[PDB]
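Entry featuring JMB2002.
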Amino acid sequence: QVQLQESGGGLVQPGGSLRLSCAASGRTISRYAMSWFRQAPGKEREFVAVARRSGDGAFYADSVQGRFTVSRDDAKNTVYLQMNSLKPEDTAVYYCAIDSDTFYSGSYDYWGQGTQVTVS
Amino acid sequence: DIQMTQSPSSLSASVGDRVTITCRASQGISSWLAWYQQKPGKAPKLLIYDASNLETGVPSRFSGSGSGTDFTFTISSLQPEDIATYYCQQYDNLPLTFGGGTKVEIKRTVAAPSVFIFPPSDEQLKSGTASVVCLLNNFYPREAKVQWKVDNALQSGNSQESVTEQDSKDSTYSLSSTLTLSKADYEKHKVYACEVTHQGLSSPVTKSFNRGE
Amino acid sequence: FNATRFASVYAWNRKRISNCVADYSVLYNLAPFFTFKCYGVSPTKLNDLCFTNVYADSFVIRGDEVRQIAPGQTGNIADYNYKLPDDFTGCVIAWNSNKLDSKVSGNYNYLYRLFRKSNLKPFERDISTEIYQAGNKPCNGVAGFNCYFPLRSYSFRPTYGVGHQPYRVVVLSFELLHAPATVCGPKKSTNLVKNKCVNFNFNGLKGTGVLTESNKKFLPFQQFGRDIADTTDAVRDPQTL
Amino acid sequence: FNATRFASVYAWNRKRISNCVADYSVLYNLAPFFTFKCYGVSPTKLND
Amino acid sequence: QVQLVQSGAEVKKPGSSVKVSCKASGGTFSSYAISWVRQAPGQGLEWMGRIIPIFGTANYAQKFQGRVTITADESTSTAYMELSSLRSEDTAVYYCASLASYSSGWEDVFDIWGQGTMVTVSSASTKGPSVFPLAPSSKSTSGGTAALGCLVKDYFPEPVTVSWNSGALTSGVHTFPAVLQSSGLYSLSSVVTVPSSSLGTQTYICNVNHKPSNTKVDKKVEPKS
Ligand SMILES: *[C@@H]1O[C@H](CO)[C@@H](O)[C@H](O)[C@H]1NC(C)=O
């Protein structure tokens, strides 16, 4: 098993923008593509976005395509996420996953921890 | 014969969302194209006879447009009856040719499996053969991994696997593996274990049993 | 004209055109419309006339076979699939359609009749395809001399020349009596001068004369008034009535 | 038709015809003939 | 109105010729025509050929000339398709559909379709499945529920029906698609999820039936610890 945790998020006013970040240490970060997930209350896990080594822009799910952005920095073993115009739907709990397979085109995502978002 | 290719092969969207389909041809057909929707293994239902004309009784929800070597097929809203493969039928020439099909499944969100294990029964062992089955139920996305590690050593080439289609009751999936062995092999080994990895497990999950259990 | 679907020369498609403004330049300006032959009317004047009714037919036939599409002609198409009346007025339009209708030993969907129990009446349509009776031998099942099936195909193989290549044909049948009319060209209107000698064109009726407010009680269903010897005595304005 | 002096298609038999009636309603249409066909025009038209 | 009804499933060994037919109803035979298409497992459709019985004209796809012939008659008002020299790959379902390119100038795209006829080619012969229940562990419990199952193996030809409590139980009943062994015999599986309290207190039984042989099998299911 490997460790992975988030930073940022939390309470915000509706209509604003929010930042999120997630990082690891003590292991190779390039071999895995780092992905990000969501869970609504009383409902199961959702896919949101992921960034690859090629840097070919972002990658999204169906709903989050028009309101989200993702980026990474291997030199600091950290990934970044960006949110725009948060809505009442943003009252859920996220997760930070990694495509846990060595340079694999597919993905077997693994996450260590997750944090909440809530519009006041 | 003139071929066609459908791109992309698979789709996932929630009920109510607008969806589009396209297919590709090596030579320019003069709008001699038709579209079908087929439930996997069932009789196809005819949708569009002329490239942009719906068939009798087809709902207005379906439409398409395009010209020359390419065409596009779209739906204003993904509806309950929509988990099916869409084919663009070429009839420009006498030799009929059919596309590879574009499959769409309801976009539901990741769900962890229910991981269960099977030590074999006596009635099977009386036949001189032994088996062990590992089961995953109601998970998402489409696939999950299962591996056998009899005596904690990974094994290959003695198991068979089967997978269900998307479960429209909750848009999840299921998977299981059936290990097969002989009675001599059953006696030789000591511990049987199944290990599982899926989109929704915090870490690999292990299920195992011993000779006395 | 631009519909992808064209019926066989029997059970031929028929479309009624009503309450519209026509523009025939969009037709004869098309490159593929190599053949544009009209009877009772000329290509140049189509946009200037106005028609009481308009009907358009369409079908697919061979190239040289289009020769049979004319008033009072005789032949397989003229007698057993599609016949024009001897006094037909309108235009016959056809063009090459190999790019669409030609297939290697194919194109069965476009058919016709070589023979029929009796010659077709003008504009008569027959959807049935029953077998012609032999007469000399009882025939409910298939049989010899005359119990062969009427329908049969060219196979429209691309190796065919214009003598057998497909031609896509559309025929316009017109009634060219004066109003009431609902289909005709984009000719612009003009103010109505009265009590002065003026050249007038009322819904296609050309003439020279003085226009005066008539005092004869036209019934609401009448649209023209003729004096002796077919002379138009009065006419109602198609705009203010 | 009835001569049958053409048992081999190789070296087939030929004949020329002129100055007669050509009543096809009987010719090629009696019971003995199993098949009969005309190309380019129906037998009914050829009859006259 | 016009409708199509096809023959039943037909099966025989590789290298032989399989017959298939479907009746013509509505209107009559001489105002009718047929074409045949293939639907093999895990792929799309495919077109074999076409017939207009009264024309005598028939066509076949480049993939099926010679290996395929078509015949039909008015006495029985039905079409007769035959395929020869079948491989194991030929296992598929064949549909006959009403032809439209037969008269009055509409196109060749199939509106009326038959029920589908299944043909499976294998060296095996008609025999019933082998069935054995399952014995899930007590650690196999989750959310107050346990999964039980029975397997089906070594049967040929299709179809096979698997039901729980002889069809009396449907809540949580799950089934699996069949697989084909290298020996030419099929297999199947199915499970049902039930509360841990209900099992043992209420009898749960699997049932398997094989229509070709008209045989029935059932057995009980119980976890173990
Ligand atoms: C035609 O249009 C004119 C101008 O708008 C109008 O005065 C007249 O009533 C209209 N007549 C008909 C029959 O529509």
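Protein chains get the first letters and strands the later ones, always in sequence-line order, with residue 1 at the start of each. As a textbook-style caveat: the illustration shows part of the entry, and contacts are counted within that part alone. Basis for what follows: all heavy atoms, side chains included, without hydrogens, waters or symmetry-related copies.
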Task: Place of JMB2002 in the structure, all copies - done: chains B and E
Mind checking which chain JMB2002 touches most? I'd like its name from the PDB entry.
Spike glycoprotein
Other chains closer than 4.5 Å to JMB2002 by heavy atom | A, C
Mind looking up which chain of JMB2002 has the highest number of heavy-atom pairs under 4.5 Å with chain C? chain E
ask   = What molecule name does the PDB give for chain A?
value = Anti-Fab nanobody
task: Report the UniProt domain in chain C where most residues contacting JMB2002 lie.
output: BetaCoV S1-CTD
> Can you list the residues of chain C within 4.5 Å of JMB2002, heavy atom to heavy atom?
Replying inline: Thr4(C), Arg5(C), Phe6(C), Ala7(C), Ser8(C), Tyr10(C), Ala11(C), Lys99(C), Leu100(C), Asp101(C), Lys103(C), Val104(C), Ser105(C), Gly106(C), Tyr108(C), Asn109(C), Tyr110(C), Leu111(C), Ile127(C), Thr129(C), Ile131(C), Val142(C), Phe149(C), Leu151(C), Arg152(C), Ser153(C)
I'd love to know the name the PDB entry uses for chain E. JMB2002 Fab heavy chain
